[PDB]
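In what follows, a structure is listed as C-alpha cells, so that the remarks can point back to it.
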Amino acid sequence: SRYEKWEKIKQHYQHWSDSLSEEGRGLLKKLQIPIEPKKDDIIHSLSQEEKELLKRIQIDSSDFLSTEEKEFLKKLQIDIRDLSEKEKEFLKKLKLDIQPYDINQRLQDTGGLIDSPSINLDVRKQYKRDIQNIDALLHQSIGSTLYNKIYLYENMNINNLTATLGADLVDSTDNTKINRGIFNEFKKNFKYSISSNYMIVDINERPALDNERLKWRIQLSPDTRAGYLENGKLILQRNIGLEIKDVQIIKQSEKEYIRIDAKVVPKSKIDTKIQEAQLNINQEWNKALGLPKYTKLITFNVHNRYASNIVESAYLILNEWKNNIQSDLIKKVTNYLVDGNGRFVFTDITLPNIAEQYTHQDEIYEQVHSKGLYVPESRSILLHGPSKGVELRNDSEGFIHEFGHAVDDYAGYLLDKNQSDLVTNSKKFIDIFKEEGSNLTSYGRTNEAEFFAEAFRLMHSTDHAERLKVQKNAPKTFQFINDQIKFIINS
Ligand SMILES: CNC(=O)[C@H](Cc1c[nH]c2ccccc12)NC(=O)[C@@H](CC(=O)NO)CC(C)C
Ligand SMILES: [Zn+2]
C-alpha cells in the first residue's frame, strides 16, 4: 500500500536523513526551488536612458525570449512605468541578468557539460560546487530488497521531450483525449532515455498538473543511488540511463495520459548505443555523398530524456534533406562544409552549450538558443530536437532552413574565394530583401540571411503549393535563389 511503501523508503533513508548537515539540507532545498533574480537590483542598475528604453519596448514582439523571460521583463516594465536593432541589443544583454539559479536546469541545458561557457563565470563556478556537493550526498543505494518491490513515478510535460509533437498531442476536439496518431509518432523511436540532472520522483503516483500528460513509471536498479525528500519523494543520482519498456495510453478519472514504463540501466550502456549509431550514420552518409573514408560530419550530442528519438530522427531528417534538394547542390555544399571541418550536430542540449557555437562566440549576449543554427566560423549546422520551430511543421524543415544558410555561405565563397562573404550581403540581394522581405514568413523579415534561408526552405517544401507561393509573392527572391543554386551546381 501507499503509506507502507512510503514508510519503508523513509526508514531505509532515515540514518542518511539524520546525518545531513545544515549545508546539505540547504543544498537540497536549493535544488527543489530555484532562486529568482530580484527586480529591485536590476532596476537600480539601469540608467535613465535604459529605463526610458525599457519603458517603451514591446516585450511580446521579441522572438528570442522565452515566455518566462517575457513575463519577468513585463514585471520589470510594470515596476518602471509606475523591434529595432538598438532594442534587440539591449534585451540580449539584459537577458543575462534575469536567469534564475536552477541547478537541475543547468544540468539539463548542458547535458552535464557544466564547464560550457554559456553563463557568467561566477554562477558557473557555484553550480559546479553545488553539483559536486550533491553528488557526494547521494551515496546510498535503494538496495536489493526494495528495487523490485516499488515503482517510482514522475509526471512530465511532453514539451520537455518534443514541443513539435506537444503542439498536437491533446485531441483538438476533446481535452480529455490523446491524439492517437501523435501518440504513435511519439512512441515510434522511443527506446531509451538519459537523465543528466537529478530526477525528483514520487514514491506513490500523483495527479498530473494540467500541462503534464506523460506519467512515467520507473523501476530502479538495486545499485541506483538516491536520497529521501519530504512528502514521499526521492531525489535520484544524476547520470543514469533508462530503457523504455512500454508506452501506452491510460485513463485516470475520464482523462487520458501516456504511461511510460522505464527501467534504470547504466548510462554507459546507452552512451555506447548513441556512439555506435553516430559511427553508423556517418558511414552511411559518407558512402552516399562520396565523402572520404573517416569523415566525421554528423555528431550526436545527446544527454536528455528523449535521447533515442534524437538519434533516430537524424536519419529521417537527412533522408528528407536528400529527397528534397538537388543532389549536386547537396554534394558541393557539404564538401565545402567538410573542408572546414564542419559538422551536422543533432542535440538535445541548448545551442549555446554546443562547442561548434561557443568556440566562436565568447560573449554570452551573442550566443543563441533556437530550433537551429548555422555557424559560418565552424561551417556547422546545429539542430535542437526538443524545441519546435514556430512556423515549421516538422524538424526536417528546420534542417533545410539551416542548409539554406550554408548555401548562402558557399555561394558567397565562390564569388571571392580569398575573402569569403555571404551572398546575402551583396547589393543585389540587399535590395531584393528590402523590396520583398515581408512577403513570405514572419521570421523571414528578420534580416537578409533569414529571408534567404526561409525562401530557400519554402522553395524545397514537400508542399508544391509552398514553392509556388514563393515564386508568386517573392519572384525576385525566387529567381535569385535559383540563380545561386545553378551557379553552385555549375561550378
Ligand atoms: C524556437 N523558436 C524559433 O523558431 C526561433 C525563434 C527566434 C526568432 N528569432 C530569434 C533570435 C534568436 C533566438 C531565437 C529566435 N527561431 C529559430 O529557431 C530560427 C533560428 C535561425 O534562424 N537559425 O538559422 C530557425 C528556424 C527557422 C528553424
Ligand atoms: Zn536562420
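Along the sequence shown, the residues carry numbers beginning at 1. Whatever order the structure lists ligands and atoms in, that order sets their numbers, starting from 1. Because only heavy atoms are used, hydrogens play no part in the values below, and waters and symmetry mates are left out as well, while side chains stay in.
- The largest share of close contacts with ligand 1 comes from the chain named in the PDB entry as Lethal factor.
- Present at ligand 1 is the drug GM6001.
- Nearest to atom 7 (C) of GM6001 among the protein's heavy atoms is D63 O, 3.2 Å.
- Annotation: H401 places an N or O atom under 3.5 Å from an N or O atom of GM6001; distance criterion only.
- In this structure, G372 counts as a contact residue of GM6001, since one of its heavy atoms falls inside 4.0 Å of the ligand.
- For the residues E402, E391, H384, the heavy atom positioned nearest atom 26 (C) of GM6001 is part of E402.
- Which parts of GM6001 touch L392 is read off a 4.0 Å heavy-atom cut-off, strictly below it: atoms 28 (C).
- Lab note - ligands/ions near GM6001 (< 4.0 Å): ligand 2 (zinc ion).
- Remark: GM6001 atoms within the under-4.0 Å shell around heavy atoms of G398 are 28 (C).
- Protein heavy atom at the shortest distance from atom 17 (C) of GM6001 is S370 CB, 3.8 Å.
- Filtering the residues that UniProt lists as binding Zn(2+) in chain A by heavy-atom distance under 4.0 Å from GM6001 yields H401, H405, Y443, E450.
- With a 4.0 Å cut-off on non-hydrogen atoms, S387 does not touch GM6001 at all.
- Proximity of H405 to GM6001, defined as any heavy-atom pair under 4.0 Å, is confined to the side chain (atoms from C-beta onward).
- Contact between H369 and GM6001 is present, with at least one heavy atom of the residue lying under 4.0 Å from the ligand.
- At a heavy-atom distance under 4.0 Å, atoms from both the backbone and the side chain of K371 approach GM6001.
- Which of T441, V375, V390 comes nearest to atom 3 (C) of GM6001 through a heavy atom is settled by distance: it is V390.
- Using a 4.0 Å cut-off to heavy atoms of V368, the atoms of GM6001 that qualify are 12 (C), 13 (C).
- Among all non-hydrogen protein atoms, the one lying nearest atom 11 (C) of GM6001 is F64 CB, 3.5 Å.
- Nearest protein neighbour of atom 21 (C) of GM6001, counting heavy atoms only, is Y443 OH, 3.3 Å.
- Chain A: most residues in contact with GM6001 are in UniProt domain ATLF-like 2.
- At a 4.0 Å cut-off, at least one heavy atom of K388 sits close enough to GM6001 to count as contact.
- The shell of residues around GM6001 (heavy atoms under 4.0 Å) is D63, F64, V368, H369, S370, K371, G372, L373, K388, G389, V390, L392, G398, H401, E402, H405, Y443, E450, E454.
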